[PDB]
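Here we have a structure that includes asunaprevir.
Along the sequence shown, the residues carry numbers beginning at 1. Ligands are counted one by one from 1 in listed order, and the atoms in each one are counted from 1 as well. Hydrogens, waters and symmetry mates are skipped; everything else that's a heavy atom, side chains included, is used.
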Amino acid sequence: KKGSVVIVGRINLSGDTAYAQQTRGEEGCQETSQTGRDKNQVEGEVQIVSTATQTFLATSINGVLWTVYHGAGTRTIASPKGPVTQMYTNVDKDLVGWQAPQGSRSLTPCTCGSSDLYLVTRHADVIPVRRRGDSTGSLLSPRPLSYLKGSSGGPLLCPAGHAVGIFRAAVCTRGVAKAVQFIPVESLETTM
Ligand SMILES: C=C[C@@H]1C[C@]1(NC(=O)[C@@H]1C[C@@H](Oc2ncc(OC)c3ccc(Cl)cc23)CN1C(=O)[C@@H](NC(=O)OC(C)(C)C)C(C)(C)C)C(=O)NS(=O)(=O)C1CC1
Ligand SMILES: [Zn+2]
């Protein structure tokens, strides 16, 4: 079969400093994927998650751990209670959700209306994005695709640290992203 998505690290957004911590290497992974059973307690708002050869991110908002379909597929996620089946799946939005793991802290949907956003990458870089549309934002500095690869599923935050959306796709030209496309938190709330 397909295995379970496996948490292999996490990104802290609490406090004053965003940072990444690796929690599981490629070795432990295989067995966790197969069983869906992961002894590890979940911490933090953003998980670094993995399938057999690829990693991406998952963000807890409103008690649901959200990520992208093009990463998770229809997969279950490994947890200390065994494989957790997806709570939400929407292929057209590229969205999947699981009940937020114990004991993740969950982000609050933003109702600020700020146009100044921040995208959190898999390395825990926090990069400024200017909101442009409902689901797009411009990068202040263009980035090569390689830099944003594996950060899908991560959060776009407002200045106060609320979730504005989930990074879905890079708006790019000839391998350079000038903007990011995301699932707005309102679309998530609608899916709920
Ligand atoms: C390099 C950074 C990007 C952020 C990143 N996401 C991507 O690569 C995404 C994947 C794909 O989009 C979509 N797939 C499936 C869908 O449904 C199942 C979609 C439903 C709706 C929409 Cl919107 C898009 C969808 C193409 N794409 C692009 O970003 C593409 N961009 C793009 O399509 O841009 C527009 C949407 C503006 C056209 C392109 C490949 C050209 C960069 C990533 O890191 N992925 S990853 O490495 O973590 C991997 C999960 C393991
Ligand atoms: Zn806000």
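- Asunaprevir, all copies counted: located at ligand 1.
- Bound to asunaprevir with the largest number of contacts is the chain that the PDB entry calls NS3 protease.
- When each atom of asunaprevir is checked for a heavy atom of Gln181 under 4.0 Å away, the hits are 23 (Cl).
- Geometrically, asunaprevir and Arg168 share a nitrogen or oxygen pair separated by less than 3.5 Å.
- The residue from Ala170, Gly154, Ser135 that puts a heavy atom closest to atom 31 (N) of asunaprevir is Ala170.
- Of the candidates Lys93, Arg143, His70, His70 brings a heavy atom nearest to atom 15 (C) of asunaprevir.
- Which of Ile183, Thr53, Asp94 comes nearest to atom 13 (C) of asunaprevir through a heavy atom is settled by distance: it is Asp94.
- Residue contacts with asunaprevir, taken as heavy atom pairs separated by less than 4.0 Å, involve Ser151 solely via the backbone atoms N, CA, C and O.
- Heavy-atom contacts of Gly71 reach the following atoms of asunaprevir: 50 (C) (cutoff under 4.0 Å).
- Interface of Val91 with asunaprevir, defined as ligand atoms under 4.0 Å from a residue heavy atom, comprises 17 (O), 18 (C).
- Close contacts of asunaprevir with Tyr69, meaning ligand atoms under 4.0 Å from a residue heavy atom, involve 18 (C).
- In terms of polar-atom proximity, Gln54 is not counted as a contact of asunaprevir, lacking any N or O under 3.5 Å from an N or O of the ligand.
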